[PDB]
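Chains are named by letter, beginning with A, in the same order as the sequence lines. Heads up, chain A uses the PDB entry numbers, so what you see runs 29-293. Numbers in chain B track the PDB entry; the residues on display, in order, are 29-293. Since chain C takes its numbers from the PDB entry, the residues it shows come out as 29-293. Here chain D follows the PDB entry for its numbers: 29-293, in order, are the residues you see. We count ligands from 1, going down the list as the structure has it; atoms in each ligand are counted the same way. Values reported hereafter were calculated over all heavy atoms of this structure, with side chains retained and with hydrogens, waters and symmetry mates removed. Recorded method is X-ray crystallography, 2.3 Å.
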4 protein chains.
Amino acid sequence: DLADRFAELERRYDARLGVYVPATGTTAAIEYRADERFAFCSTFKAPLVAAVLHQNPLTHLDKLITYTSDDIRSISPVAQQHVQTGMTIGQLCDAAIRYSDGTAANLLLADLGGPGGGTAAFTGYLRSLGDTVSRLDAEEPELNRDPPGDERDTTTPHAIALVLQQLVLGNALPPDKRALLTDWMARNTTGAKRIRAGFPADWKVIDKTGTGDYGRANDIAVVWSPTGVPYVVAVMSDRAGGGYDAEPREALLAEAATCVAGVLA
Amino acid sequence: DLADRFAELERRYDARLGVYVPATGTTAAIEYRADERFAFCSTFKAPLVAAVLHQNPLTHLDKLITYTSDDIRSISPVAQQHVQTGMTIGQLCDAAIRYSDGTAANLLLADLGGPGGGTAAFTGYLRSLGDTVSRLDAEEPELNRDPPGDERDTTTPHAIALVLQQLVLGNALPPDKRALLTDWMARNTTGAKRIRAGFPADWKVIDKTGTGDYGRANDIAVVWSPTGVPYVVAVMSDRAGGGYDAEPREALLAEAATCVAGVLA
Amino acid sequence: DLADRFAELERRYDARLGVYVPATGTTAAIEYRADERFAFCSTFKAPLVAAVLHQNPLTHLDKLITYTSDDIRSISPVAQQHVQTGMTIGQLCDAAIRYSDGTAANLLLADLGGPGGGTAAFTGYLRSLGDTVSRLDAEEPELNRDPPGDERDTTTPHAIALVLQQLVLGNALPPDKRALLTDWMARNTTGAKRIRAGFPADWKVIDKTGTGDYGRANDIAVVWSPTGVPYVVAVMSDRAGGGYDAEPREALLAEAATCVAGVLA
Amino acid sequence: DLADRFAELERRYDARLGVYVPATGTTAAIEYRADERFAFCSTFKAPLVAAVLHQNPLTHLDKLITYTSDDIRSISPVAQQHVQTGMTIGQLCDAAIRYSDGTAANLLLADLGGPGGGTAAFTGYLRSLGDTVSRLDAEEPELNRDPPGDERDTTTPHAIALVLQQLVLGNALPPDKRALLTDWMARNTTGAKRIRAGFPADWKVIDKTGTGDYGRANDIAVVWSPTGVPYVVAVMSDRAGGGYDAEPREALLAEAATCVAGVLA
Ligand SMILES: CO/N=C(\C(=O)N[C@@H]1C(=O)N2C(C(=O)O)=C(CSc3nc(=O)c(=O)[nH]n3C)CS[C@H]12)c1csc(N)n1
Ligand SMILES: CO/N=C(\C(=O)N[C@@H]1C(=O)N2C(C(=O)O)=C(CSc3nc(=O)c(=O)[nH]n3C)CS[C@H]12)c1csc(N)n1
Ligand SMILES: CO/N=C(\C(=O)N[C@@H]1C(=O)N2C(C(=O)O)=C(CSc3nc(=O)c(=O)[nH]n3C)CS[C@H]12)c1csc(N)n1
Ligand SMILES: CO/N=C(\C(=O)N[C@@H]1C(=O)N2C(C(=O)O)=C(CSc3nc(=O)c(=O)[nH]n3C)CS[C@H]12)c1csc(N)n1
């Protein structure tokens, strides 16, 4: 009867909607296509920064990474302003989470090192979290482009929600690093019209968006009730039936979120 | 399931909760104790103003109403400061709705004329709108003091939603007067922590609160979805079993609001 | 060049304006007719409360004072709701400051005891604060009605500002009682259009209004800058040239207040 | 004496303050560094939109503008979410004014056409309004990064105040387009802590902010007194001597505005 509304949202927006809200002490899990695969798009950038924070002392944030204009591919509002100066790892994190900067994501992946420009190590980091389903295989911007049915660069609402839960509410990171990740997510600039727009203002919402082709629009959020109770909300969506150029529907995610807000109220 | 969620709100907040949202083309009616009686409190001030607008040309709003300190018998944030100046009917309407001014309501009731200082005339106005259930019996401040179980000064969420629906979305008032009422409710200063607090920010909420003893807390709203689709939302609550001094719990109204929002999204 | 703006305001509103802002460490005193006499009106109710708190061991706030309808004189939104209940001193304090309740002020005056229904003791309380200038001679509502030029029931902006300064920023009261007075002033419901309306929202404003005949409109405030710097602002006004029935002008007080805010920024 | 207070602010905030308020019938102009050059930053986005409106029939607002990830080279809260969807000229105007979107500004500059990617046409539009002083030389984001003393991408408080005056209060724009601009400025989301924070809440403030390196913080506003009298407030500031990374002091602009309000009250 919650599922009835999500599928009505799917019909409204001609979209495939994936939602996961992990169970807590007081609420049952919310699952709609919780285990179907959806493309990460930029949502991997949040666990990416967690991986970077994990592998390395806080001090590593100050390392200056220089890069060239040839490295700038995909939306990079911050990295485009810093080719000449370079960027520290730390700000690369900042840009990757708060602005969904793709160049910053690629540099952080390279900083993870290893085959596929870091994707195997980032996949590995998710595994160290118990997420065996998700995988990152390409860099920005290729990871937004895989056709439907392709398992590359996909997660599921279930897996990615649980990952975020460990990163923000659990002990994946020592409190020092958990605060930095949580702060960047909290000051994200890309999610205003998604999960943030679907919850009442007095719910705190930290989130990481993802947007890609085939109408891919994701949002991963930690939301706090007015009473301060946290819930992890994974909302993922695509419109593959509309082809590569199918437009993402931000309103779809805000609606799905309001529905989740209604069950969490 | 929605009824189940309301029942938990009721249990959580030691309160009796009444919710009504009239059906639309796209949504079924939402009813929880839709036909149980709850005390008006200052929620009557909105149809009160409608009555004055209905039986008077607009220019009647400019009429100067003078009154004495002896008329200041209830909380009157605006009327208390204008004993020496007088106040126009227009100003009284504004004060009754936006500040829940009790003297302004009594003076608007007086402007209605008839037995009981306007209370029979205002009830009659509810009758001409098809509300056979509601009744206003006392003035400010007595109408907030009636004991639980007494039908005096009571309405139901069903009835008041239907009244508010005709006033804001229907043709109870010509567009002239409808705009003035809609504006006053829209700039209401008392409802931020009630239905407004439960709906996402991109929803428009115009509302009239009511608060009284026995933990009475009401909010009647017309809300517009981001798509611009209107809904009438009546939420009434009391904690009468907690006696006269029971504190109203606004968060219950915000929670009930969020649940409704989740079903309407 | 500030006197030029106040006298501008006086000319605009056909009014006598009295302004006093005590000097602080960094700012000079602001004085406009700071030492001319203005009628207390209800502004005495705030130091009245400080008097009651000063001479009683706090438990006295719970003492129940009963009164009769013949005792209800002048604007009394709270007292006229508690006749069969009576009202505790605490409630009377709260009513006198936050609602300017005149009946509550008279009962607190009586509770100070002595000739003239407490007015001599209250004057005496002011003397203990170093204000040798002010005097209270009548109860509500007579104290608002003295003709211009009559020294009875008058203070000066200078005098009341320093009095309020000691009550809120100094040590007239022990910290317990100072908290009760300040909180009452902070939640005052009567000053929204006076000093409060002249200062930017991010300046905190606690205040006590006074209004009377001859266009008497006062507001005494303690204001806190966005930096948290306190200032005492006494703004008093009458329009005696317009006779007993002269209307008070709140906008004069907000404008004068804005002028002050410009100097204190 | 106002100048002395502006100098204190300058000392207080280690900042250079530029203030202009054009004369009206009742008030003399307020000038402090009125003819000194300050960097535009995003305040140009307001006349930029007017330039687009001036050159185009309203019908042009619905024209769909498409762009690529390479166009996202500066902070673009709205445009970065619409690379796959594209954006309407109207949306771009809205985004440029209300969210200070850097990409929306560049597309609107491009919409003006001509040398420097629209920069010459925009400067010319300022020239056609009688602004002989101001110049736009770079697009976003370079136009925020000119070193102190460099005249590129600078205006004066005098010039921009007069430009803003003609746009909102004069006849630079026909009434239909003038309302769209005024509406966009009125719903600005970035000016809460500047001129708005320094004027009393009952003053109406529409504004366009600007922020850049060297501690640059501007706010240009049209403000209406409670009586509805309009005033243009140009406040510009930088902390250039503090180097590229100086950060802006919004409270300086709010404090400066409070000073202006006190003289205009
Ligand atoms: C929740 O996000 N809301 C935003 C939004 O998109 N804001 C962004 C955000 O967080 N921003 C930040 C920064 O990253 O710190 C900034 C600073 S960006 C910057 N800092 C420097 O130190 C520097 O040298 N150069 N630059 C360019 C301002 S707003 C933009 C917003 C824009 S308008 C509005 N009403 N809200
Ligand atoms: C005899 O009357 N008794 C009253 C009474 O006058 N109630 C009126 C009523 O319905 N009113 C409304 C409103 O419109 O909701 C209100 C509630 S608004 C409000 N009040 C606050 O103190 C506050 O901090 N925030 N907000 C938002 C004002 S009282 C009036 C009363 C008030 S509390 C209580 N237990 N009884
Ligand atoms: C700060 O002033 N602003 C006001 C205003 O006048 N609010 C008042 C204020 O502080 N109020 C209070 C109370 O006494 O706590 C209340 C409580 S009234 C009340 N409470 C009881 O417990 C009871 O037994 N009886 N009654 C009557 C509600 S608003 C009024 C206002 C009016 S509309 C709006 N948005 N604000
Ligand atoms: C290369 O450009 N450099 C920029 C820049 O993008 N400037 C633009 C400009 O003028 N903008 C404006 C605005 O409209 O004022 C703003 C101010 S918005 C804002 N962000 C916050 O985080 C916040 O807490 N409050 N507010 C109000 C965003 S940057 C853009 C910059 C911003 S801070 C800094 N040191 N440089």
- Message: Just wondering - which macromolecule does ligand 1 hug the most here, in the naming of UniProt?
- Response: Beta-lactamase
- Message: Would you happen to know which of pimozide, inobrodib, iclepertin, ceftriaxone, sarecycline is at ligand 1?
- Response: ceftriaxone
- Which other chains are in heavy-atom contact (under 4.0 Å) with ceftriaxone (ligand 1)? A, D
- Item | Site residues for ceftriaxone (ligand 1), heavy atoms under 4.0 Å | A:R126, A:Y127, A:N216, A:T217, D:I103, D:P105, D:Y127, D:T217, D:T218, D:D241
- Query: Does atom 11 (N) of ceftriaxone (ligand 1) have a protein heavy-atom neighbour under 4.0 Å away?
  - Reply: yes
- Item | Minimum-distance protein heavy atom relative to atom 15 (O) of ceftriaxone (ligand 1) | A:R126 NH2, 3.5 Å
- Query: Is atom 22 (O) of ceftriaxone (ligand 1) in close reach of the protein, with a heavy atom under 4.0 Å away?
  - Reply: no
- Task: Can you pull out the closest protein heavy atom to atom 7 (N) of ceftriaxone (ligand 1)? Residue, atom name and distance to 0.1 Å, please.
- Result: A:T217 CG2, 4.2 Å
- Query: What's the shortest distance from atom 16 (C) of ceftriaxone (ligand 1) to any protein heavy atom, and which residue and atom give it?
  - Reply: A:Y127 OH, 4.2 Å
- Could you tell me whether atom 19 (C) of ceftriaxone (ligand 1) has a protein heavy atom closer than 4.0 Å? no
- Message: Using a 4.0 Å cutoff against the non-hydrogen atoms of A:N216, which atoms of ceftriaxone (ligand 1) qualify?
- Response: 1 (C), 2 (O)
- Task: Kindly state if atom 4 (C) of ceftriaxone (ligand 1) has a protein heavy atom within a strict 4.0 Å cut-off, that is, under 4.0 Å?
- Result: no
- Message: Suppose I only count heavy atoms of D:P105 and a 4.0 Å limit; which atoms of ceftriaxone (ligand 1) are within that range?
- Response: 6 (O), 32 (C)
- At what distance is the nearest protein heavy atom to atom 28 (C) of ceftriaxone (ligand 1), and which residue and atom is it? D:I103 CD1, 4.6 Å
- Task: Using a distance threshold of 4.0 Å (strictly less than), state whether atom 35 (N) of ceftriaxone (ligand 1) has a protein heavy-atom neighbour.
- Result: yes
- Cross the UniProt substrate-binding annotation of chain A with the residues having a heavy atom under 4.0 Å from ceftriaxone (ligand 1), and give the overlap. none
